[PDB]
There are 2 protein chains.
Amino acid sequence: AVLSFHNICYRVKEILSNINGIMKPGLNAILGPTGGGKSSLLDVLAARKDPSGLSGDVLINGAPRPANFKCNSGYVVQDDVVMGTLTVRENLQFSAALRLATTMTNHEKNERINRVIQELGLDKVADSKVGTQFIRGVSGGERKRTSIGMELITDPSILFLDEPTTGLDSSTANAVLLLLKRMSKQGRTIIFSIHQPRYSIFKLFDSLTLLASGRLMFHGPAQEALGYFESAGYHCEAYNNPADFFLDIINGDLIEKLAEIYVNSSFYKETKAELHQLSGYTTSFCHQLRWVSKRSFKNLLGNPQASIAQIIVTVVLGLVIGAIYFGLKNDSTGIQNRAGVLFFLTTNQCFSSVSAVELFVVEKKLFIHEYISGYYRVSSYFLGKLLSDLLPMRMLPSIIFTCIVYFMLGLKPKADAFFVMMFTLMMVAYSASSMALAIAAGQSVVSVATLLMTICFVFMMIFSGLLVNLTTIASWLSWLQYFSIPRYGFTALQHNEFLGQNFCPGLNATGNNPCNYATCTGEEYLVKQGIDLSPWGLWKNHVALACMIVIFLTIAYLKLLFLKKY
Amino acid sequence: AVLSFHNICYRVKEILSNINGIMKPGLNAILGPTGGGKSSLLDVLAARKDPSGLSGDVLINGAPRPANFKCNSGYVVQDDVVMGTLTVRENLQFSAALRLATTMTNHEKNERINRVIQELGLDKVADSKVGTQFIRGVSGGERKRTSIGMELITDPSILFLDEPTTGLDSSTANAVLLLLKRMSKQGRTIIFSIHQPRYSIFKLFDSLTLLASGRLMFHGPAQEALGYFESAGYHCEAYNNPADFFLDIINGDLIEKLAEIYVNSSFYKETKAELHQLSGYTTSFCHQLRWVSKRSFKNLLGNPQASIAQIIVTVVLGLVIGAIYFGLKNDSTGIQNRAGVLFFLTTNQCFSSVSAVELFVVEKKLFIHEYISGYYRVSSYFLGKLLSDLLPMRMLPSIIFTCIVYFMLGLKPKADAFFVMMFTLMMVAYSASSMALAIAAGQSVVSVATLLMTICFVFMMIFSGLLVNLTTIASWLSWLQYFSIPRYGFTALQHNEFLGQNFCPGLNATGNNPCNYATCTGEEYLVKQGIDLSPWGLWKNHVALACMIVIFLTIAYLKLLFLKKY
Ligand SMILES: O=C1c2c(O)ccc(O)c2C(=O)c2c(NCCNCCO)ccc(NCCNCCO)c21
Ligand SMILES: CC(C)CCC[C@@H](C)[C@H]1CC[C@H]2[C@@H]3CC=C4C[C@@H](O)CC[C@]4(C)[C@H]3CC[C@]12C
Ligand SMILES: CC(C)CCC[C@@H](C)[C@H]1CC[C@H]2[C@@H]3CC=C4C[C@@H](O)CC[C@]4(C)[C@H]3CC[C@]12C
């Protein structure tokens, strides 16, 4: 399969104006400065831009590009987006299970995971972890190689590479770039956009397309690239690199004058002659959930640097709160002391789950790459990570928390009340995290994603029945009490706590008491807060919290589905 | 003045082992890969490394290097550390006032601010703001030029440049690098370490010193640099750049073998022959405070993007708190409602001043550069920014705040009580900011500087007399209540608030009342919290808060003074 393209007009201002060229099933290249359409022409051929501003036609071996061209052709993006906290054997296994297991069996597809493991040369680092900025692993020259084989699993006719030697320590650059020539003998069309090649790959170019400032300068093979400028008016004599010279006419030793002789050159008049002649998901849903979770669950425990940091800070906080209110009694300072701690637990769960914004913003460029390549639907990436990084990461600081703080305090020695506290602590922890998930998904920078959290969760802990006595704010702004997660947690934690206690030893304030403004018995404390004493008045909050989850979850699912991924 | 150095042995592993060379009062260069001692040799000649691991002698024109060599010789660091939110006319004025005004007058030194303004060519952008990532200004080619003239004010014999063309859009690279040759005609010795020169400056090198992997490869002028390798065993024929070839022997088309012929070459045997022959603050304190503040105060209002963002979020928070507790009455919900708001004000000041960690961590590399160059003492940089970015930035969210929230609430309609609230709100705001200043000064990354804040200020708002009733925690951990800023704010805000109110209409609970556990009169509310009713018991907190400032300020002054600035 060969690629070709004609009269490509791309507008955002036209960033890619008058570009036409033909590829070969060999090893091609897109050179030039990065300010022009160098990166832009590669995404056009990869169908990675949006097709709105495009005008021309990318004709693949005479056929027009179908909609499943993107699932047939890999695209190694610039930065290493491989899963760093996994092993390269499993890292090739992740893509292999998401694009092949429809009709072939398991051990059938096990062949091509090993068949590609020595053509890359990855057998010496096959069973090692990759390597991140938080951990050490395989060297950086083979972080790029496992990116290449990851899209080599599905059988490619075309293979793009966005700048595959940016930050790769050029002593290691030749072996991967010789390896792309070795793949090209079988028929794999390779169209990369290398960044400042010195000389070593420049002898091994089957074609090249230099592009600068949105104007097509030169397209032709590298052996006849030297013989262009020496009869075109631009002398590159000895002690001058040829791959470095070609951009010096743009540097000024005119912005369109460097390319207008290419219209009247001996390349474009016959390249058009071919172009004027040539112009005449896949895997099941339960399997897609089973693999994005298994990748994410292995990524969770594989880097337990911040996951278990949340565990040990939940243990010692529940020990400190346990040491402070150790054996809190039913004296005068019962309502002041046990409504205080229940305020702290719900607002901490509201505030410790600001870290959930760092969920869809680390792997955002990974998700944009893996959705558009066809690994999974958005409904699989979204649901798969909630079962992996949201359920067994917010459930833990509610049952590790409440087993320590409850009996060390002596709140209410029942068996359901220990459970309707553990349930409502994980109900605010799922609700507040999914709220922080909502207004931070589909974003790249967590500057405003944390700025919009920390000034909004203080617009909620005000309206939470401790600092305010909610039934005393006048009604024209007291409607805001319903739009606040910690009110439902605090009230549900108060309703199962102040129901049998009387904070008043030496008397009884059940039915007969003079000298009011007392609040001796516990239910009178709740009616001053306006919390309903009915048993529905506990579970009124949870069905308001469960609706708070699902409302705030589907806006997060929308923001990933309605995200511009081009 | 000419520089020279002999047998330079630098250990951290020896990063700079056997390097010796001579400079010329011309234009020198330090080439090679960045992994070796390329950047390391420049800091040695600039006396920018620490002199601990150094063994050899940097001999300047036969004299040894004095301790005031660093104030005599500029050093343009790699990144642009000029003040971006100032005008280049004032940007040259800042250095001019800090190193010249001891004996000459003001308008005398005004000559050399203009005398250097056209040799750089900065007259067209003299009265414009420089340019940052938050604002636009002068182009990036002249951001580097104002860095050069900023150390040209004091009369230099020697002038270093750490990589002066890293990210400078090489079409603009020649004019600044031709300008360094134009400065070299007067006698200014220029020793830079340029990064990958292509050819254009390579013809204009008065000397060069290539260095790779801590082993001295070649030192000699560029005209006799070509004639080295063609009789040394390494052929660089036509269509090969000479400045790019010299590192290909390290790339492998042996780590010490490339330099051992330089020991038996026709350069080192006579360079040693000179070396074996040659081996035979300033400005007043009130003026230094007056200029670092004027720079910082102009940097504050010159970029009012986040400064006035704190103002408008203080106004609308004080309006929202004003709208919530609008006219709070003396009913049963008086203690629940007005001790709640006073908890919120002190903890917000404790928590809104987490942004004070972004004070000595933005200009840290600026401070390291400007202290070591001799602009000011550490006591001037530290005190100058407190009078600029700490006084009129935390005073504003305590008098803009308390004028709105006080009379809209109706707290206590005195005239001192409005002031002993405004005083104690700015006492926590200065204390908590200076605590956040303390454990974040002298650091580069605000990851742990915010991580150690947000988990410590919740170890303080627990012990603040609202969630806990401090006199009920057993004494073996209740000693922790003194190590907490918001307890002193909340208590001082409570002591001036609960002193005449009785929250109990229809009765009086002054001296005669049955049916206790009432808390009807306001002073009985304070004695349950253990807050002393004596008038010293208000100001007990402020003299504990003023000692909290000075203790937490001098650890910040220590961390800048005892900071490794090499
Ligand atoms: O925990 C709180 C918090 C709280 O427990 C009770 C009241 C609070 O106001 C907070 C809180 O504010 C908080 C964080 N916010 C800092 C910015 N607040 C500025 C308000 O204008 C930022 C982070 C944060 N918690 C991180 C705790 N780490 C896990 C241990 O539970 C908090
Ligand atoms: C997208 C965002 C802004 C929507 C906010 C979600 C909140 C405000 C919505 C979603 C579900 C709603 C709740 C669902 C049903 C109940 C139970 C009823 O007995 C009291 C009201 C209450 C509790 C509703 C209040 C408003 C509510 C909590
Ligand atoms: C470096 C850090 C850890 C030191 C912490 C500072 C705090 C804990 C120190 C510094 C100054 C000290 C205060 C100064 C004097 C008083 C007034 C006295 O009537 C009560 C104790 C009290 C209030 C001290 C308590 C402890 C104190 C507040």
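Heads up: chain A is whatever sequence line comes first, chain B the next one, etc. Using the PDB entry numbers, chain A covers 35-46, 61-301, 328-354, 369-654, in order. Note that chain B is numbered according to the PDB entry, with residues 35-46, 61-301, 328-354, 369-654 shown in order. Whatever order the structure lists ligands and atoms in, that order sets their numbers, starting from 1. Excluded from the calculations below are hydrogen atoms, water molecules and symmetry mates; all remaining heavy atoms, backbone and side chain alike, are included. The header says electron microscopy, 3.7 Å.
Out of simvastatin acid, dexverapamil, mitoxantrone, chlortetracycline, gefitinib, the drug or drug candidate placed at ligand 1 is mitoxantrone. Per UniProt, the macromolecule in most contact with mitoxantrone is Broad substrate specificity ATP-binding cassette transporter ABCG2. Other chains having non-hydrogen atoms less than 4.0 Å from mitoxantrone: A, B. By UniProt annotation, the domain of chain A supplying most contacts to mitoxantrone is ABC transmembrane type-2. Structurally, no covalent attachment point of mitoxantrone is modeled.
Contact with mitoxantrone, defined as a heavy atom under 4.0 Å, is made by these UniProt transmembrane segments of chain A (N-terminal numbering): 1, 2, 5.
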